[PDB]
Amino acid sequence: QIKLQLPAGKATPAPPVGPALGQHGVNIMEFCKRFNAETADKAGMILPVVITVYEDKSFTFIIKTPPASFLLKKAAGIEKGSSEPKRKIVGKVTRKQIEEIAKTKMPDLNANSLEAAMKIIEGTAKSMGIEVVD
Amino acid sequence: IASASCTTXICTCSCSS
RNA sequence: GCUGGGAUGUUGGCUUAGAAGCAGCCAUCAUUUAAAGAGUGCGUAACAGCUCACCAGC
């Protein structure tokens, strides 16, 4: 199977999506129309697409919520992450905010308890150059 | 070496649809 | 050595023609796990397909 991140609303350039999926017998022209048809409701957002291809030259795709990395950036108020995480601090997040993002990405998190969901978020935060404030 | 749509330079890439 | 796991939270910030471990600098996270690398590698123009670490059995 193949997983990737395409921009909602635009799918057609040969260089990126062309070979990656084409090497698996994926009909690029049918994929682009399909993806651009459903994800038109959220045009402008970057999201992961799971495309299941089989022996038959047909496929199916599933849409997923935006990655935590993107949420943390928009939460802290930054467009670009830090080149050097524990070297250059760019943004900061508060405890209650960590819970907020954790609760939103909980249904897709591999954690069982909320405490575990909070910590996984904190992990990405410190590795992205975001200071955690209580 | 001789494909259709598929790389950034050598010489083909894509072109149908 | 042999039989099968070797994904998820993402394609970590991203840059080039392209970047989606195998280019590039800090990072190097946490899950949950039976146990499982923000990965030793071949390879395509990259992906891929594939390789060990580890595991379950032997």
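Each chain gets a letter, A, B and so on, in the order the sequences are listed, and its residues count up from 1. Heads up: weird residues get written as their parent (or X), and the extra bits don't count toward contacts.
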List the drug name recorded for chain B. thiostrepton
In the PDB file, under what molecule name do you find chain B? thiostrepton
